Structure formats: C-alpha cells, structure tokens
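Drug on board: thiabendazole.
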Amino acid sequence: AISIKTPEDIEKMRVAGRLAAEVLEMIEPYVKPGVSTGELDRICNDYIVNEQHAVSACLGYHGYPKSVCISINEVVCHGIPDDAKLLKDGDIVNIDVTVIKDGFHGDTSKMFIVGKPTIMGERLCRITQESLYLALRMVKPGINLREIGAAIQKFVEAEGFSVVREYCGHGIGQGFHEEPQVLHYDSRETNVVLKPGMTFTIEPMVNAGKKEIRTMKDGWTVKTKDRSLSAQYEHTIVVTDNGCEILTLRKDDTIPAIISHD
Ligand SMILES: c1ccc2[nH]c(-c3cscn3)nc2c1
Ligand SMILES: [Co+2]
Ligand SMILES: [Co+2]
Ligand SMILES: [Co+2]
Ligand SMILES: [Co+2]
Ligand code: NA
C-alpha cells in the first residue's frame, strides 16, 4: 500500500504479536534431542487454537499443510514440520510463528540450539540476533529502509558471514505479507521512507558460508548452496513518533520493547 495502522489496529497487533511471541516461549523446553519437528508443530497448533483462541496464519495459506515453519541447520527457511525428522545434539533450529487474532497478524522467529551446542551454531545464532537488534535500533520516522538493509549487511559481512538475498522482511497487519519488502542488504532499488504507524517485520537470514541458496525440488524448502549453517531471527514492530515498538518481544530478548531516539 503502504498501510498505516490506526491506534486501534496497533493495539490489536500488540495482542497478536504477544501471542506469537508466547508460542516461542512455550515451545522451548520441548526442543530437545529426540523430538521430531512434527510433534513440535502439533504442540504449537494445539496451543494457538485451543489455549490462545487464535489461529495459525501458515495453515492453509497457499496450501501450506502445517502450522509453523521449522528450519534445521542448512535449511535457510520454510522447513516443513515432519513426524519423521528428529532433532539431535548440536542442531540449530528456527521456529517461525505467525498468529492471527482479531484479524491482525503477529510474526516472529527465533533460533534454538538443541542439546550440546557447537561453536559455529552458537556464534551464528548470536551474530544473526545481533544483526536483527542493530536494525531494530535504527527504525524511526524519516529513515530509509535502504540504510537499515545496508547496516545489516555491513555488520554480518564484517563478522565473516553472508546475507540471504532472495528473502526479506515485510509489512504486516490484516494481511500476512504486505508492502513493503524489507531487504536485509544494500540495494539501490530500495527507497522507502518510514512513517509512524507502519508495521513490518525484520527477519534476517544469515549463512555461515556463502550467501547462495537453492530451493528444494518441492519448490519451497530452502537450503544453503554450500551446505553451510543458516540462521534467522524475526520481530514484528510498529514505527512510533521517535522510534519503534517491538510487538513480539520475549522474556529472553535483551533489547527493550520500546526504542526511543533524540
Ligand atoms: C507459511 C506459509 C506460507 C508462507 N509464505 C511465506 C513467505 C512469503 S515471502 C516470506 N515468507 N512464508 C510462509 C510460511
Ligand atoms: Co515465510
Ligand atoms: Co515469520
Ligand atoms: Co515474516
Ligand atoms: Co562460547
Ligand atoms: Na537453518
């Protein structure tokens, strides 16, 4: 559009964003060696539907068959939960949740390391999260999204890693994937000035190796071409008069929910 949310709209996004975040806090103790991604997905859907009184935006959307996306190791994104896929020590696992409540969407993802961490896994997860946080700290009215993507890329590359090009952040509200596209790297194509009341996600995908990615024969599951590890974190935000408010913050986040400039 780009769609500006009213205060009422924003309050409903606060509620959907909290619910999405709560799914991620809930699922954590279940993420252990020997659990399958299929069970994790069931637990999440059961929780969203029967405790939260909400629904998964994933389920049925363009025919997607499950309720969350679960992406392990070299899978970059859109991993499909499966009863036969079991987690094991050292795995890094992204769970991407999107909840609809009262017509509004809340979208967020985080990494989990399973059992005994490996050093590359810990590092990649930490740097990815730090790249999301740096971008969040830049959001305010007047800024251009190009600057934010540029800053993500500079940081990630300086840390020896690479930024997935083909996937980005997005506006969100009564629609799951709204304008604008929120690129996580510098592009001359990008020119979006932020205004208060915009709501969008930042969701960098970072590869320990080379940025290149291959989609699977299923035209969907995405892996890293060099089979390097890939990590992602995502938050949903609203642009405020002097900053942003994070709508999907968790107790384990180490960034304030409200960021203020001046
Ligand atoms: C579940 C179902 C359909 C989904 N379509 C998206 C998507 C489009 S651009 C970035 N993400 N993600 C999905 C997750
Ligand atoms: Co997606
Ligand atoms: Co998401
Ligand atoms: Co998203
Ligand atoms: Co360490
Ligand atoms: Na991954």
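Along the sequence shown, the residues carry numbers beginning at 1. Remember, it's 1-based here, ligands and their atoms both numbered in the order they're listed. Just so it is clear, the values below take in all heavy atoms, side chains as well, and ignore hydrogens, waters and symmetry mates.
- Counting every copy, the structure places thiabendazole at ligand 1.
- Lab note: most contacts to thiabendazole come from the chain UniProt lists as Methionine aminopeptidase.
- Within 4.0 Å of thiabendazole, judged by non-hydrogen atoms, the site holds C58, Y61, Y64, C69, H78, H177, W220.
- In chain A, UniProt substrate-binding residues less than 4.0 Å from thiabendazole by heavy-atom distance: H78, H177.
- Considering only non-hydrogen protein atoms, atom 12 (N) of thiabendazole sits nearest to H78 NE2, 3.0 Å.
- Of the other ligands and ions shown, those with an atom under 4.0 Å from thiabendazole are ligand 2 (cobalt (II) ion).
- Looking only at protein heavy atoms, the nearest one to atom 7 (C) of thiabendazole is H177 NE2, 3.2 Å.
- Regarding atom 13 (C) of thiabendazole, its nearest protein heavy-atom neighbour is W220 CH2, 3.6 Å.
- For atom 3 (C) of thiabendazole, the nearest non-hydrogen atom of the protein is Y61 CD2, 3.3 Å.
- For atom 14 (C) of thiabendazole, the nearest non-hydrogen atom of the protein is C69 SG, 3.5 Å.
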